[PDB]
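Quick look at a structure containing tiotropium.
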Amino acid sequence: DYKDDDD
Amino acid sequence: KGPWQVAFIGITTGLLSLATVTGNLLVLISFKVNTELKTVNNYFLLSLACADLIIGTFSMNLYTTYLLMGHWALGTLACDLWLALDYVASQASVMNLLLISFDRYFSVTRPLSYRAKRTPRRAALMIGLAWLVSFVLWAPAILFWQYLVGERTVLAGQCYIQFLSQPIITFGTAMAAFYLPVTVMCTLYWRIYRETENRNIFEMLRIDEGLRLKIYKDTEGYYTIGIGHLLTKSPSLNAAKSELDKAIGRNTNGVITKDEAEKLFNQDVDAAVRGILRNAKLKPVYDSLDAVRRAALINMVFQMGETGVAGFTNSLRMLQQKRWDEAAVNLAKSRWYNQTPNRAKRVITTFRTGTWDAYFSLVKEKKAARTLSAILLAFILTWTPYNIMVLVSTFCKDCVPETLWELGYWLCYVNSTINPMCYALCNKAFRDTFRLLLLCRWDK
Ligand SMILES: CC(C)CCC[C@@H](C)[C@H]1CC[C@H]2[C@@H]3CC=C4C[C@@H](OC(=O)CCC(=O)O)CC[C@]4(C)[C@H]3CC[C@]12C
Ligand SMILES: C[N+]1(C)[C@@H]2C[C@@H](OC(=O)C(O)(c3cccs3)c3cccs3)C[C@H]1[C@@H]1O[C@@H]12
């Protein structure tokens, strides 16, 4: 579950 | 074994050994000392790094030493402990690959209900039980089969597993332990490849329409639940609840679960697209559009209905003509745009760019996919020759030579060196903590 991680 | 051969193999698998120990140990220490890395995602990589660590410090060196010398000199109990440790650690590695694959699959296919229960507690429980099942599967039979049979069959000075007597025995265990996990992992992987688009549609429509598990009154006043699921335009708060109970299948009492909201969303969106393909005006442009813009039009149909979307005559034709900027400008003339401008501008940006930029960035996730694919491919190729050799050895006796057995056994160790090198070097935070640790200059 990464998806929402910021660049 | 010749002296030059011994020196070469010993030196190279030595280097590989301390590279494995260094890498995975760096993962452990970085996780321990940097709170930014203490994520549920990294729980799994920590467990994998424990398996690869065990293999790196004990297994490769004891196996390479015994292979080079030609005999086992540390005794029967040390032999049994070595094989138990190696098989438990390796089966643990496989089990953690399965756990990661399922975790990712549920994160994509149940983006709302599963993400709500990905807690550190549950992650720790299932990691621990993966290790438990590995240990139970391999240690008792490796250590106590000799006492249960009554005698120790393996020769003095030699070291192998006693209960894997017949090639058909070891190939059955190879199916349970390797082939079936590999097939499950691959089928998953492909299933996620075919479901990311539907998850992106779900998240887009959850951003635009919201999520309430208790019934609320919408823009016009009617009763709605879930992700914009309208129940009934009647004014009776229980005329709504009756249709809710009929829609789910239980006495809802007005409140639903997040997976019931996922089910309601799936019925809604499938109805939206099926209707789109039934409608003569929207079907041509929907067919002409790529996946992301298809999602934007699905969004508009979700908000306004098919007749209302078909009312955008000229903008829909400009969409069919790939005139993205003119279509954006034209849709900006609409009452839709003047009534829900914040959502309409996101949808319009989706039409103009064909990307998800107005809703979310998927860079970190795509790179995580690259990391996982690298890890599993390394696993498959470094572990496949040995199990293929088992498969062949069942049909034919002594086809595959002892040298080939030794090399194929030894090759399964390499993916333990490779695993930390995948996520660690090209993932930030890990890289920076590795740097500050190898510099001995970490003070929080
Ligand atoms: C057969 C024998 C020799 C090997 C069995 C070893 C296990 C007992 C180990 C291997 C991997 C370990 C796990 C790897 C990662 C984690 C995440 C970790 O989470 C945190 O530390 C974050 C919270 C915090 O920092 O306090 C908690 C322990 C746990 C479940 C570990 C518990 C112990 C496990 C199951
Ligand atoms: C080099 N190993 C250390 C040993 C031989 C290989 O093993 C294999 O790939 C096998 O499919 C089997 C070998 C023999 C029967 S089933 C597995 C064993 C445990 C999990 S999967 C890979 C790893 C594993 O620790 C064994």
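Order of the sequence lines fixes the chain letters, A, B, ..., with proteins taken first and strands second; residue numbering starts at 1 for each chain. Basis for what follows: all heavy atoms, side chains included, without hydrogens, waters or symmetry-related copies. According to its header, this structure was worked out by X-ray crystallography, 2.7 Å. One-based numbering, in listed order, for ligands and for the atoms of each.
All copies of tiotropium taken together correspond to ligand 2. Lab note: main contact partner of tiotropium (name per UniProt) = Muscarinic acetylcholine receptor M1. Other chains, heavy atom under 4.0 Å from tiotropium: B. Within 4.0 Å of tiotropium on heavy-atom distance sit the residues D86(B), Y87(B), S90(B), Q91(B), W138(B), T170(B), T173(B), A174(B), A177(B), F178(B), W383(B), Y386(B), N387(B), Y409(B), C412(B), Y413(B). Checking heavy atoms within less than 4.0 Å of tiotropium, the transmembrane segments of chain B hit, in UniProt's N-terminal numbering, are 3, 4, 5, 6, 7.
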